[PDB]
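Figure: structure with aripiprazole.
Positions are given from 1, in the same order as the sequence printed here. Read the numbers this way: they start at 1 and go in the same order the structure lists the ligands and their atoms. These values consider heavy atoms only, across backbone and side chains, with no hydrogens, waters or symmetry-generated copies.
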Amino acid sequence: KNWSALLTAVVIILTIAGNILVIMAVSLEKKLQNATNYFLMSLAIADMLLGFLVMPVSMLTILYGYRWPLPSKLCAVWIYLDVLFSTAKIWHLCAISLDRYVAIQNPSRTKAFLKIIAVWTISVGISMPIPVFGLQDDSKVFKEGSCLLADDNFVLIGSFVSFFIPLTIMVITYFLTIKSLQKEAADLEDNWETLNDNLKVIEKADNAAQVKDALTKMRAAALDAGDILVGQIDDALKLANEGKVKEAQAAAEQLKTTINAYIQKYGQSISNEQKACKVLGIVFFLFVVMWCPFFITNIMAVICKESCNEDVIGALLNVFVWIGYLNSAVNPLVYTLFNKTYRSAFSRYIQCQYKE
Ligand SMILES: O=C1CCc2ccc(OCCCCN3CCN(c4cccc(Cl)c4Cl)CC3)cc2N1
Ligand SMILES: CC(C)CCC[C@@H](C)[C@H]1CC[C@H]2[C@@H]3CC=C4C[C@@H](O)CC[C@]4(C)[C@H]3CC[C@]12C
Ligand SMILES: CC(C)CCC[C@@H](C)[C@H]1CC[C@H]2[C@@H]3CC=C4C[C@@H](O)CC[C@]4(C)[C@H]3CC[C@]12C
Ligand SMILES: CCCCCCCC/C=C\CCCCCCCC(=O)OC[C@H](O)CO
Ligand SMILES: [Mg+2]
């Protein structure tokens, strides 16, 4: 009741401060100058604004027993901001998972800021009926002196249009990305074993036919994995045509170092992408799980409208909205625990020390 807004002041400060640090890490540290971190910044701005504009007023309403204390046309604006920032979070998370998947089937700041503005303009688009209709008709934004989204059509259609189509895409594109990266690793182990098999074949060889056939199959396996090494095989395949067998065999042991080079490089690469898919999936998992109680309970407010205790349902909505607000505090901590780049960045900003 009266004591309950002491907890909420904590959740505001950790939100504001963590997300400021995320915006500072992406603005300053050059190891974060990529499209994914550009989305993560935009998300942190949404998280910061939710902490500044929405969350203190929600705390304020807890102090006035949910009876709305500000001007009456401020109610529909507060619900607009609340839905706007949460809608922008889900559409960001979806835009990350989609963009990161599309990139794995492919070979600029401007390209990222264009996508972000698209996410924000859709979020402003979908949230827009709330003040347009709500400022016109208080029956849509007030229930018994309390400022809450009252129109059940807005809750249902918004819950599915503005949160189930992005979630569907986010969950599908995440799972296909795991499978995409799993095939890439499978396909590189296969290319390692056939290169290594033909390395052992060239070294055992007695004649020009065995080397020429084995280097032809090394070049084929080279075309699958890729540039640099392919010509070096051709540098040795022309030796094997002339009959220069000892001469081709010594070139192939020189190919060995160039093969081991591209293997560890493409091998780190997929480990790092699967490290990153692991972090983003915790961000994704937490957003849904923490907002899941509020989402289900608010839809059940609408279904059993008369059948259920409106007072109990509403006393759970007021608890379950802070589990989702707490999700504004988590994304920064996730980055601290699972990225050296953010953890180092944050650790120096805490000592008021900004130069990379
Ligand atoms: O399972 C899933 C699927 C993925 C997903 C995405 C988003 C999500 O939640 C965001 C919805 C909150 C937006 N605001 C919250 C605050 N709310 C409000 C306004 C006035 C008074 C009061 Cl009391 C309240 Cl609560 C208005 C609407 C849940 C899920 N869950
Ligand atoms: C809902 C409305 C009224 C809230 C006001 C929006 C304000 C707080 C937002 C929207 C535009 C934002 C800025 C847009 C661009 C940049 C450049 C980037 O490199 C660092 C953050 C910074 C500087 C943002 C900080 C926060 C910001 C100023
Ligand atoms: C006391 C008399 C009038 C009957 C009232 C029944 C009410 C209190 C029941 C029926 C519907 C129930 C809700 C239905 C769905 C959910 C979502 C889930 O996360 C569990 C809690 C929650 C939010 C339930 C809490 C209890 C609930 C609100
Ligand atoms: C006479 C007045 C008629 C008024 C009725 C017709 C208005 C038509 C407009 C848009 C359809 C509904 C828009 C739904 C999207 C906005 C609401 C929203 O996004 O709510 C999500 C919320 O977070 C969930 O908890
Ligand atoms: Mg083999």
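Within this structure, aripiprazole can be identified as ligand 1. For aripiprazole, the chief contact partner in this model is given in UniProt as 5-hydroxytryptamine receptor 2A.
By chain and number, the binding site of aripiprazole (heavy atoms under 4.0 Å) reads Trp78, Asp82, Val83, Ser86, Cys147, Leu148, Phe163, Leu167, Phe287, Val288, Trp291, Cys292, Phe294, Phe295, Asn318, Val321.
With a heavy-atom cut-off of 4.0 Å from aripiprazole, the UniProt transmembrane segments of chain A in contact, counted from the N terminus, are numbers 3, 5, 6, 7. When chain A is restricted to the residues UniProt lists for serotonin binding, the ones with a heavy atom within 4.0 Å of aripiprazole turn out to be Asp82. At a cut-off of 4.0 Å, the other ligands and ions listed near aripiprazole are ligand 4 ((2R)-2,3-dihydroxypropyl (9Z)-octadec-9-enoate).
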